[PDB]
Amino acid sequence: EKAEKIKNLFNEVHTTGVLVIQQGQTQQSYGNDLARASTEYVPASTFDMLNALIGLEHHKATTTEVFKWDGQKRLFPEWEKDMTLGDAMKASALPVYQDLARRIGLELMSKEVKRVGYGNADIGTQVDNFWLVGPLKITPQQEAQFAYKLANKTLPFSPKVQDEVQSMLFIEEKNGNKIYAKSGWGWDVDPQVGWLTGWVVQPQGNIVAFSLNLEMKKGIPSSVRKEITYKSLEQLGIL
Ligand SMILES: *C(=O)[C@@H]([C@@H]1NC(C(=O)O)=C(S[C@@H]2CN[C@H](CNS(N)(=O)=O)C2)[C@@H]1C)[C@@H](C)O
């Protein structure tokens, strides 16, 4: 019954999507197009999570430094403010993560993306846009696995840096559950891709990772990603 209900949540907003859930070493898929789970998409802003891990691990940034807004118009007004890396994570402020990517540099970025085995691990030659328009791609299954490992601090990085990136991703504590999440919207690719990748830590300690992936269309508000995710997690008894 739960799976049917989640399928219809996607039908109700008139697009196709999948929600991958990971608990322990096994995954389940829900939604109205389950085949999306094993299909590659650009990560868009969801790459910020790995960008931050690499930057912190290799001492290219700190968690307390402030990226000051220089007063120049940004793509979105939400980005026109002083930000730490964590603030920029929450706002998905691309210019901050492009700055970070340039600090890391192509050689180190390529080595680390390959070491961690992220998606197709192909970053090409352009260090500041490879996660937006290709060539880097990743499946929702892979995003859920990545989130699960970050949640358990089992990515191949220091525990300190994984703890720091977790803190950047914290959304809220709701009914005792701690919710961590990163959204993404690849709007200038066709078709458009929407992401919400994260995890829940339940009061008893259990970790449940998720990755929502759907086709974004004109007339579908971006708030659908969080709404469908939370409702689905509630249906599953995860929230
Ligand atoms: C990353 O994918 C991309 C980000 N991602 C998102 C997103 O919604 O996931 C946006 S949308 C942009 C940022 N937040 C603004 C909405 N205001 S609100 N509701 O207060 O959050 C608009 C943007 C495309 C990077 C690469 O640009």
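Residue numbers start at 1 and run along the sequence shown. In what follows, every heavy atom counts, from backbone to side chain, and hydrogens, waters and symmetry copies are set aside. Determined via X-ray crystallography, 1.8 Å. Ligands are counted one by one from 1 in listed order, and the atoms in each one are counted from 1 as well.
Taking the chain with most contacts, the partner of ligand 1 here is, per the PDB entry, Beta-lactamase. PDB records name the drug found at ligand 1 as doripenem (bound form). Atom 25 (C) of doripenem (bound form) has its closest protein heavy atom at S45 OG, 2.9 Å. Listed in the PDB entry as the source organism of chain A is Acinetobacter baumannii.
Lab note: covalent bond from doripenem (bound form) to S45 OG. Checked against a 3.5 angstrom limit, the closest N/O atoms of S183 and doripenem (bound form) fall inside it.
Checked by distance only, doripenem (bound form) and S92 stay at 3.5 Å or farther apart across all their nitrogen or oxygen atoms.
Among protein heavy atoms, atom 22 (C) of doripenem (bound form) sits closest to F76 CD2, 3.4 Å. The binding site of doripenem (bound form) (heavy atoms under 4.0 Å) is made of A44, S45, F76, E78, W79, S92, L132, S183, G184, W185, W187, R225.
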